[PDB]
Visitor: 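This is the structure I want to talk about, given as structure tokens.
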Amino acid sequence: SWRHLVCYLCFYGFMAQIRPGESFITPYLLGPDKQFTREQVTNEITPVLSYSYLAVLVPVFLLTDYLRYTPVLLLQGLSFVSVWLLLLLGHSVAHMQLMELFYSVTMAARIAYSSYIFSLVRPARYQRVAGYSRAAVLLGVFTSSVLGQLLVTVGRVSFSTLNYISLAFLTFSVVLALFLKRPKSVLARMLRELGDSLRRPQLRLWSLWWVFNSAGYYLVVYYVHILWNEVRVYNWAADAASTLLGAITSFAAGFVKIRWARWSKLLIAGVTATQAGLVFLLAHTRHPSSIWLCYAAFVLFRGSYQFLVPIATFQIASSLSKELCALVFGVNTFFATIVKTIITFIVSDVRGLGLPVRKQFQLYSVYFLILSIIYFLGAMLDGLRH
Ligand SMILES: CN(Cc1cnc2nc(N)nc(N)c2n1)c1ccc(C(=O)N[C@@H](CCC(=O)O)C(=O)O)cc1
């Protein structure tokens, strides 16, 4: 385990996210292999995934820490394999509903890897291993996107062949996850430990940052895709560049050392203000010069969030007394997706404050603005008390 414990963990994190046929699921559904109407792929496939992400997250984060994270990784891998198998068969609508349910299972179990890395190493190099793991995962996502687009656009393969390749890669990822090691009123004690951990000043700040900034980033990304498709070839290039910059920034965050608990609220406020500025710049671009300045901006935005994705996790592991690193990650992810759903309902739904995409992004930038003057006014409040 001297050389094949963190290196192997990063390698598995890289290989588990290689699904070259991931981003091409919708065209495959709408393609000639499966005769699906535009209306169904969007009204019977996306809502089920959206709801099941909320539904299946709770059991996953409740049981991942007791299961010691190897069974949850195996479940995520087998669920990815079942997703692609169901994609290959795809007999009817219910098959694809089950596929989306399993995909939501995978997205819910994504937290098990981020807890496994911390439960696998001594509580001294949490930050370095967090940076390594996030760099590996984001590099895997970037490689998956680039491989899919290279095979489809500059290569010559069908969607079925791409899905076969993705299924083979997912089988290999399951094989890799098999060899991973397993670290060596229960609910009442669980919640008591969660509350006592939340009483700490370092877990609480980064948990709030997760719940809010992660929700903001997810909203911004999920609607940046739609905004770019609204106002084609370079879209995947921008996505891959953003993911690669995210991997680089996660590596840098793993390798950065600053005196935390003092320059931590200030760092969060600065990063959130930078992200707010980037989103404001992204929204305020209607001139023809909207293929260089905005794309890159979004890239930076993604990287910015990733620059705080391995630190926050690390700052949750360094401030946890029990083996509840998975519980806090799961609760934070669940609350972040709850906040994202609430924001979507309040800004995107017609019944609520229904606004178009432009004003939607004007709201998201302002949402980050309220999220960058709260942490700004949190680094001087505690400074005053000193
Ligand atoms: C939503 N989606 C891909 C996706 C695309 N089209 C689809 N189309 C259909 N019909 N169904 C789907 N389930 C579907 N899924 C996703 C979701 C999350 C990440 C993801 O992994 N996101 C993190 C990366 C970190 C990680 O790997 O967990 C991020 O920074 O955005 C990638 C693609």
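Along the sequence shown, the residues carry numbers beginning at 1. Whatever order the structure lists them in is the order used to number ligands and atoms, beginning at 1. Note: hydrogens, waters and symmetry copies are ignored here, and every other heavy atom, side chains too, is used.
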Visitor: Which drug or drug candidate is found at ligand 1?
Guide: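 It's listed as methotrexate.
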Visitor: I keep wondering which chain grabs methotrexate (ligand 1) the most here. What name does UniProt give it?
Guide: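 The main partner is Reduced folate transporter.
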Visitor: Return the UniProt transmembrane segment numbers of chain A, counted from the N terminus, that place a heavy atom under 4.0 Å from methotrexate (ligand 1).
Guide: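 Heavy atom under 4.0 Å in UniProt segments 1, 2, 4, 5, 7, 10.
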Visitor: Quick sanity check - which UniProt 2',3'-cGAMP-binding residues of chain A lie within 4.0 Å of methotrexate (ligand 1) on heavy atoms?
Guide: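 Per UniProt, the ones with a heavy atom under 4.0 Å: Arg110, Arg134, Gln306.
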Visitor: I'm curious how methotrexate (ligand 1) sits relative to the natural ligand site. Which residues UniProt lists as binding folate in chain A have a heavy atom closer than 4.0 Å to it?
Guide: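 The UniProt-listed residues with a non-hydrogen atom that close: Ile25, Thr26, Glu100, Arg110, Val141, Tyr217, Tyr222, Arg302, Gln306.
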Visitor: I'd love a list of the residues lining methotrexate (ligand 1) within 4.0 Å - heavy atoms, by chain and number.
Guide: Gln17, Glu22, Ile25, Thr26, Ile45, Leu49, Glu100, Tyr103, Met107, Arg110, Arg134, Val137, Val141, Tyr217, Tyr222, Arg302, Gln306
